[PDB]
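Drug on board: mefenamic acid.
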Amino acid sequence: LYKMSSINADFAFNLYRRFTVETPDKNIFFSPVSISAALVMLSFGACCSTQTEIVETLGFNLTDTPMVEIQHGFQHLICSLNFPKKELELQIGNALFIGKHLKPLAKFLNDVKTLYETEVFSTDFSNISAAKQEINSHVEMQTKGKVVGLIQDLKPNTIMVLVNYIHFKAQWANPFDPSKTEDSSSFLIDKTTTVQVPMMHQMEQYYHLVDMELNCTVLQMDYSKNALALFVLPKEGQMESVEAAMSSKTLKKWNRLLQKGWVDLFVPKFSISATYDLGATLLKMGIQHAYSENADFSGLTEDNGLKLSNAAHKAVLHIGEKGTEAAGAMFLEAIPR
Amino acid sequence: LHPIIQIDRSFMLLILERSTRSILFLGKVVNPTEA
Ligand SMILES: Cc1cccc(Nc2ccccc2C(=O)O)c1C
C-alpha cells in the first residue's frame, strides 16, 4: 500500500503546486485522496489510451505497477480507510448517478458496488435542476452536512455524474482547554497585515522539528486514533521554497526526524473552505482522450456513449479545541460522445 | 527552557491517516478568517 500512497502523495503535492499557480497567495484546501479515488474509479471503465492517461496523470507508471495492481490497490485503500476505528469518524464513499437511457455494463456496476462500495442511482437528467439537487443533497447528507452545494452548474446534456465524498471527524490526542483560548490574537496574512483569530494555547509534549534545509517548523498533533495533523510553518518569506520541496521524500524525512518534546504551543481556531473547477487542470496534467469525441470508456457502457465534460472539487475544514472536522467531495460530469 | 511554536502566520496543513499513509487533506492557510 505504501508505494501507492507515496505516489498518491506526490500527486497531491504536484496538484497543490498547480493550485498555488491558479489561486496564488490564497487559502488552499482539498482532499487529495478524494480526487485520486474519483479519477481511479473513472479509469475502471476506461480502455486503452483513455485509461492509461488517467492513471499516468495520477502519477503511476504501468511498468512498475500494472493496471490490475493499481485497481486492486485502490480497492484495498478505500476498504482500509472505511474500516471502523474507535474514536475516529472516517468515511469515503462514492455514488454513480446514471442517466435513465444509458446502457451501463452490469459487470462494471456489480464490480463498483461490491469492490468500491459504490451506490448507484438511475437519474432522470431530463430534469436537470431536480437531478442537481438530488446529487447535491446526497453529497451534503454523506458529508454530515458539511459539503453543501457541490454542483453549482450542471450541463443540460449531462447523462452521468460520478461523485466521491470523504468525511473526517476526530479528537486531538491532547485537546485544548477552551478557557486558555485567547479570544482575539494576531495572525500575519502578509508582510504588513494581520487578522484577528481565536488562538488556542496548550503546554504539552509534541512531535516537532525544525527542518534545517528548508527553514520551516514542523509540528505534529495526533488525533486520538489512527490519524495526525502536520502543521508546516515556514520562516518569514520562505513559503514558496517549502512549497517547491513538498514531496513524499520530504514526508519520509520528517517521519524520521520528528522528535517528541515539550512545546509552548499556540494554534488558531478557525474554519476555511475552497472550491476548484478541475476541468482544464486535468487536461493539462495529461487527461486528454477522456474529454475527446474518441474517448474510450468501453468498460462502462455497451455503446461507449459518453465522454467527460467537467470536474470539480469542494473541501471544508474546521479546527477547534476538541479536534478537527473536515470533508470533501469530487464531481465528474459526462455528456454524449 | 521549552520552544514556543506560534502558528500565527501562513502555514501548510496536512491530515494523514496512519495505517495507509494517506493524505486525507492538504492545504495552506493564508488567512484563517477569509470569506
Ligand atoms: C511519505 C508519506 C506519506 C504519507 C504519510 C506518511 N506518514 C508520515 C509522514 C510524515 C510524518 C508522520 C507520518 C506518520 O504517519 O506517522 C509518509 C511517510
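Chains get letters A, B, ... in whatever order the sequence lines come in. Here chain A follows the PDB entry, giving residues 19-355 in order. Residue numbering for chain B follows the PDB entry; the residues present correspond to positions 361-395, in that order. Start at 1 and go down the list; that is how both ligands and their atoms are numbered. Hydrogens, waters and symmetry mates play no part in the numbers below; they use all other heavy atoms, side chains included.
Ranked by contacts, the top partner of mefenamic acid (ligand 1) (the one with most) is named in UniProt as Thyroxine-binding globulin. Chains touching mefenamic acid (ligand 1) with a heavy atom below 4.0 Å, listed by letter, come to A, B. Within 4.0 Å of mefenamic acid (ligand 1), judged by non-hydrogen atoms, the site holds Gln238(A), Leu246(A), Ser266(A), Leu269(A), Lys270(A), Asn273(A), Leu276(A), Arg378(B), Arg381(B). Nearest non-hydrogen protein atom to atom 7 (N) of mefenamic acid (ligand 1) is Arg381(B) CG, 3.9 Å.
The N/O atoms of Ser23(A), backbone and side chain alike, include none that comes under 3.5 Å of an N/O atom in mefenamic acid (ligand 1).
Lab note: per PDB, source of chain A = Homo sapiens. For mefenamic acid (ligand 1), the atoms sitting less than 4.0 Å from at least one non-hydrogen atom of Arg378(B) are 14 (C), 15 (O), 16 (O), numbered in the order shown with element in parentheses.
Of all protein heavy atoms, the one lying nearest to atom 9 (C) of mefenamic acid (ligand 1) is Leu269(A) O, 3.5 Å.
When hydrogens are left out, the protein atom nearest atom 13 (C) of mefenamic acid (ligand 1) is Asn273(A) ND2, 3.5 Å; that is the closest non-hydrogen contact. This deposit refers to chain B as thyroxine-binding globulin.
Counting only heavy atoms of the protein, atom 1 (C) of mefenamic acid (ligand 1) lies nearest to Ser266(A) O, 3.4 Å.
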